[PDB]
Asks: 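First, the structure itself, so that you have it in front of you.
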Amino acid sequence: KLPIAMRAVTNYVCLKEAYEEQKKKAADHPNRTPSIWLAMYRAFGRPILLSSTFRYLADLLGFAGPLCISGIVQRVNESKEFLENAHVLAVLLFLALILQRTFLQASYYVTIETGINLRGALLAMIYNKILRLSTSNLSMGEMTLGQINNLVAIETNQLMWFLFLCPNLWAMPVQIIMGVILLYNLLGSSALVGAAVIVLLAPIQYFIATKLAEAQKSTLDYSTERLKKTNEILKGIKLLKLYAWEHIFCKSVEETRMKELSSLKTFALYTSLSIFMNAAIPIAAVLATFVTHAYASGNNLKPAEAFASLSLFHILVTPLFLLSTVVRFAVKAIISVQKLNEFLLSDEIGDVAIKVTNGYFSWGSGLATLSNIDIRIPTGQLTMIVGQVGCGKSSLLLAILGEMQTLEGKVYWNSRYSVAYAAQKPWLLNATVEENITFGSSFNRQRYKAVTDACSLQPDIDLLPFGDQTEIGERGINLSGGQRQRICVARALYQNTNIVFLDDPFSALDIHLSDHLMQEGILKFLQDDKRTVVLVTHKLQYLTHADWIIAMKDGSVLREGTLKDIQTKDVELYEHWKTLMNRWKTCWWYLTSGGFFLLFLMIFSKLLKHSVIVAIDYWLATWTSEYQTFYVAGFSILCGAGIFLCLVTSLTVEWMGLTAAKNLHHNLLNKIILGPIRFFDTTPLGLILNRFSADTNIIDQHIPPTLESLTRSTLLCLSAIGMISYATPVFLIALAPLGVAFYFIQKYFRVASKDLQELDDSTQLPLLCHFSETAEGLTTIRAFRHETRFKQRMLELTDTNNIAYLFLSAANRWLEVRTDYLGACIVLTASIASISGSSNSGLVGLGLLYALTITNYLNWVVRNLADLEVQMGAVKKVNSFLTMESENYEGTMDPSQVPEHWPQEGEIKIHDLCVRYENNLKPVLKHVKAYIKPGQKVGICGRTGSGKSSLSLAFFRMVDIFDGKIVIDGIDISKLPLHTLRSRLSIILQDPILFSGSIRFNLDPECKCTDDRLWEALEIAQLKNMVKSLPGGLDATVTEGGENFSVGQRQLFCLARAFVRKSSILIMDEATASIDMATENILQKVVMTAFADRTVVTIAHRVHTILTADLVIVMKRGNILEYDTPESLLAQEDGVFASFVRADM
Ligand SMILES: CC(C)CCC[C@@H](C)[C@H]1CC[C@H]2[C@@H]3CC=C4C[C@@H](OC(=O)CCC(=O)O)CC[C@]4(C)[C@H]3CC[C@]12C
Ligand SMILES: Nc1ncnc2c1ncn2[C@@H]1O[C@H](COP(=O)(O)OP(=O)(O)OP(=O)(O)O)[C@@H](O)[C@H]1O
Ligand SMILES: Nc1ncnc2c1ncn2[C@@H]1O[C@H](COP(=O)(O)OP(=O)(O)O)[C@@H](O)[C@H]1O
Ligand SMILES: CC1(C)Oc2ccc(C#N)cc2[C@@H](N2CCCC2=O)[C@@H]1O
Ligand SMILES: [Mg+2]
Ligand SMILES: [Mg+2]
């Protein structure tokens, strides 16, 4: 499989020991952080020393070119002592070249091996950190799941790619210095003038690296923010599309994209300037050197010395080809490792089954949310926790589990035992249903059947494509909320632990499913195993079954004991409870996106640049062919034109890249956000967010540099071929076999590369997904204490990905070795042809040194072409989304007919409405006919899967209608533009989607509302006091996903978000699912007293709420059964509504 040295386990252990030694060294000092760079050096240095040794030997052998060219030229110009023989020197040059290529490839192999080992070790380190970091980092905005995913995907790979190129940073300097030292021998003091111009690259490149570092840090910041906004959009597309807020968030994302593109333009300008200097300081150095020699040494250059010096200049230029690449990658890797080091230095976690005494706990801030927690959980009994929204129940659970730092008090666990946690926000991995329910336990069909029948999952799973073996979660078929929650509770029940913490498992479930889970699942199945159970529920009707009762108010336990104990001590609380219960082509498109003028300007400028650059060498050959003002003047004008064209060609390609990136991302976003909701339901969010993050990163930052390096290399190779063939017209014949050979090796490479490439992208996706599903749901993994198994799985997956990437790199090295030997053969053939069949004593030299150039740059041509193919793949992925269906916003009703206040009355008539989600699917709604008067209170009830939500989303045309007319105030909604319909009606969904920013930003993203109405709304939604007490008032922050607030408070914010709009029709779809009964009653009273004029349709979670409603509808499999007042339906014998009321009460 993977050799032991290359396993992620050993590399991780080595890097971890190095980093722990660094942490010791840091503990030695105050304000001296541990450094990843020294840890990595100490751990993985010896391989890098080996590769550096190979590189130095390669450079020393590369200096054989100058000597051999000098000898060959001198001999063409004019035993065993025949080593001067031209052919002998040519053969020695060929052998030196093959040996240099062997050493270079050995160095590359060692470096890539080390880079892959280090990538594995770093991913292991940050994965263990994920398993260690406290959730208060994500809850308070310290960081986000997206940032951690960015670490795993972009930043670690950026460090790895830099480490591939690392030996250059110290090898390129040396190779340059040696060159100067040799030039000085041939040319005397004149060569010191060129040495100064070359030395100036060090200050210049350091300055440019400073500027690039600043620009890259800014780009990374704005990329983080833009991806945050994009992810929040994609996750909440339903709410945005329902509120007509799509374009507002699109505009904000575009603003952040503009800032990111300004930072990218600074980075491109300074990258384009570094390329200009690396190219034009050699032109200037050649000028200075040879002009000075012309006017200092009276003796002219003999051809041998001239060509030796020119070859030394070529050997200097080769280092500077890759200097821009290495400075770019080093500047990116420095930022990357700053981010990694910030991540790895963060906050980390610190009878009677559980006994908490005098416990003050806080959510990683400094102010206590729980105080005076004196509780005990009796062993093997049912403990129920009851409290209004935001009273510390989930806080209490995650405190016992130790997930929030303790300020005072103790918890005793008569080290922690494995506790089965069913979190309030259910978490599902990307495995099958069976894997999520078993969750790392031996399959037992008897227990599995018992659990599945206690959670009523059987009818729901047999409706799935592959019953019980269908992939679930992100990247798989998306289950409804109730299905996901019941799968999570099934997971909790199936495990063989003794303590089961269930945090409100009945939020999404209806009355029948909830009662079934309570009777068969908790009271019967768990009490048979005699397992401790802690329930956090608002279902007060279940308090009769409770064995122990904890009551929580305002963060502190108000009273604790059996029901009778509470009745005897706190008569008030018991009476309150009783009252409440009432008892390719893509490449051409990328090039053309410039506009047919940037492309042709680029290509013509590059060709002219190389024409002049090669004319410089031809001119030097002709000039030194003597053994003057005219030659100096011609040389100067050629060099100046070369510098100018270098500047132009540098700018053009980067500008092309900028424009292409901007247009690609803009089209992608403005087409994704206009798609139908069916597209987002069907397509996994991963397949879209990856386009937005990884493919966008490639398009922005990876394609322009690869393309420019490819063009430079290919034109250097073509220039060398042209010069050689001109010097020796016979070489063209020799170009027939070799060229053909090229075409073959590449061919073979492809049929493997492609294959391996697919593998390397199919084995990386699991790994990344793991880092996701552990970053999310971390508290669950640490509640079951399955951290060891997840570490093992991460090591396995990273080993697999490393095997795949190692084979990919091995194929690349195969092709590179083959092309290097082909280039050595090209050099040999050109050398022989020039020695034997060239006219002048100067053309032999040009042919030889340009053959050397061919060998030097053909390798880069091949490598960069392969990389550019793999990246045009990503451009193809991004372009694929411009063929989406676009929701029809146009509308047909003339805007003149639509009044200025269209829902002015709020009377809805639904005539023969039949709704389906996709064509050739079951009609969820069947010939429903409804008539709600203006200013009428309508309550719709039914069992899960009865089309309540379909009937709700019908008004906003998020479900495709087969037949039926929905007339709101005399207008068929089918004619209106989508926005005038979706903006003038307000709907409160069941899932509390919440965006990052202030409270204001979540209540009115347009900022078109005064603070007074925001306070009115937050008063109706019962959140006025909590916001008044919050640090920043209405400007208080809301971290991504609303994690810093309770679930109930998230829902109440979602209710205020609807109350602000103040439209005439309010569709409340199970809005009080997570709200407790105490808050829910007062909230309903206030909403009825405030919206008494408007028309509200309430799809109710409990029938008690819709008892005081003007009209009641009961749905059953898409059919309205009873249509009358609640009194009539109650008085009907054996009626459905009457049965609902008994169960709910
Ligand atoms: C000119 C000849 C003799 C050698 C060609 C390369 C070298 C000049 C070396 C010596 C100094 C090196 C540069 C000096 C330091 C930096 C900055 C470094 O990034 C940072 O320093 C962080 C940014 C910051 O300081 O805020 C990235 C590598 C780089 C460009 C180095 C790249 C390789 C350089 C140019
Ligand atoms: N992840 C979190 N990070 C920081 N503060 C939090 C977090 N969750 C809740 N809080 C704060 O803790 C207080 C208690 O909320 P908690 O999380 O215990 O809700 P809960 O009572 O379990 O929820 P509900 O009963 O509505 O389902 C709230 O004021 C909230 O501000
Ligand atoms: N996103 C969806 N795409 C296709 N069909 C769905 C989707 N959601 C629900 N359904 C189907 O429509 C029917 C009614 O679902 P729904 O309207 O969600 O019921 P409820 O009113 O209880 O929410 C169900 O039988 C279900 O199979
Ligand atoms: C004028 C010369 C000495 O200086 C430069 C400057 C920039 C670049 C580039 N890229 C290349 C070169 C030399 N060439 C031209 C073809 C191969 C090579 O090394 C030039 O012969
Ligand atoms: Mg809760
Ligand atoms: Mg529903």
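Heads up, chain A uses the PDB entry numbers, so what you see runs 250-327, 341-612, 665-728, 744-912, 975-1018, 1028-1545. Both ligands and their constituent atoms are indexed starting at 1 by order of listing. Values below: every heavy atom of this structure, side chains too, minus hydrogens, waters and symmetry copies.
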Asks: Drug at ligand 4: what is it called?
Replies: levcromakalim
Asks: What does UniProt call the chain with the greatest number of heavy-atom pairs under 4.5 Å to levcromakalim?
Replies: ATP-binding cassette sub-family C member 9
Asks: Write out the residues of other chains lying under 4.0 Å from levcromakalim, heavy atoms counted.
Replies: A541, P544, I545, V548, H576, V579, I1004, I1007, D1008, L1116, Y1250, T1253
Asks: Do any UniProt ATP-binding residues in chain A have a heavy atom less than 4.0 Å from levcromakalim, and if so, which?
Replies: none
